[PDB]
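Entry overview - Beta-lactamase OXA-58 with meropenem (bound form) in place.
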Amino acid sequence: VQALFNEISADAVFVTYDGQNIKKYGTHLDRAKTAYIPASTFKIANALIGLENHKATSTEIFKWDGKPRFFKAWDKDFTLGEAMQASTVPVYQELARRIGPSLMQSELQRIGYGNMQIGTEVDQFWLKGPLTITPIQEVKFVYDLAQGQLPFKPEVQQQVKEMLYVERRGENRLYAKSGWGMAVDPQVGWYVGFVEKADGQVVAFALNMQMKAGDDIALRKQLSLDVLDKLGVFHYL
Ligand SMILES: *C(=O)[C@@H]([C@@H]1N=C(C(=O)O)[C@@H](S[C@@H]2CN[C@H](C(=O)N(C)C)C2)[C@@H]1C)[C@@H](C)O
């Protein structure tokens, strides 16, 4: 497992949380206490705040306006769950604008997300600062989501949970959200979520690593599933 991490030149940390103990793995363990921009992983909080404050529903279709977006994959209609797995930023920037800077700021402070700072721009704060979060805060945030213990309505947490559902492996279920912050130096890579194992135990996780332009998109998820197999949390099918 240690040999897996330094097989790359990757500066990475992998955090796990079972509700009582944080475990750290990787090449750079101090990354777990270091704050980084959430990037696309903020969509979890964005979706929670939007649904809790009745600014959107999990069945609403955010239609494309016809203007080309940063990726052509984003040039289509999305629900919030579809936009979550596609990481469709323009759909969640529209959600952030429905929420507004003052409610977004008060809600992120209410739930204690990261450093609870958003600045002035309601559709940019998670992509270039000032909002930052540590990987330990990320594992605990998504672990609380898995248990329905976040300061949100129970049906709201359930809806966002199903928005993160990415794989069923027998009676085991993987929930995850990827992130790549490219508008910061250095670039940050996230892979955050939890596994609902067949025995009933929940294990949250968060990969956090340095990234650069050449990196393959699939590397973060590959690395996380690799480690999860080695940990015994999520064995390959
Ligand atoms: C969020 O961190 C940024 C987005 N995160 C991405 C990522 O984690 O892959 C990409 S999404 C990109 C286009 N859709 C593809 C995809 O996820 N699938 C085909 C499943 C990859 C994007 C950089 C966002 C802030 O730009």
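Residue numbers count from 1 along this sequence. When the header is checked for method, it gives X-ray crystallography, 1.8 Å. The basis for the numbers below is simple: all heavy atoms, side chains too, and nothing from hydrogens, waters or symmetry mates. Order of appearance sets the numbers: ligands from 1, and atoms from 1 within every ligand.
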Meropenem (bound form) binding site (4.0 Å, heavy atoms): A39, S40, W74, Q85, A86, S87, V89, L127, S178, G179, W180, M182, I217, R220
In the deposited model, where does any covalent bond from meropenem (bound form) land (residue and atom)? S40 OG
Within a distance under 4.0 Å of any heavy atom of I217, pick out the atoms of meropenem (bound form) and give their elements. 9 (O), 21 (C)
Which residue and non-hydrogen atom of the protein lie closest to atom 10 (C) of meropenem (bound form), and at what distance in Å? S87 CB, 4.2 Å
Show which atoms of meropenem (bound form) fall inside a sub-4.0 Å distance from at least one heavy-atom site of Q85. 17 (O), 20 (C)
For atom 23 (C) of meropenem (bound form), is the nearest protein heavy atom under 4.0 Å away? yes
Suppose we measure from atom 14 (N) of meropenem (bound form) to each protein heavy atom; which comes out shortest, and what is that distance? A86 O, 3.6 Å
Checking the N or O distance criterion of under 3.5 Å, is meropenem (bound form) in contact with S178? yes
Within meropenem (bound form), which atoms have a heavy atom of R220 less than 4.0 Å away? 7 (C), 8 (O), 9 (O)
Find the residue among the UniProt active-site annotations of chain A nearest to meropenem (bound form); state the heavy-atom distance to the nearest 1 Å. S40, 1 Å
Looking at meropenem (bound form), does any of its N/O atoms fall within less than 3.5 Å of an N/O of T41? no
Using a heavy-atom cut-off of 4.0 Å, name the UniProt beta-lactam-binding residues of chain A that are that close to meropenem (bound form). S40, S87, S178, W180, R220
Closest non-hydrogen protein atom to atom 4 (C) of meropenem (bound form), residue and atom name please, with distance? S40 OG, 2.9 Å
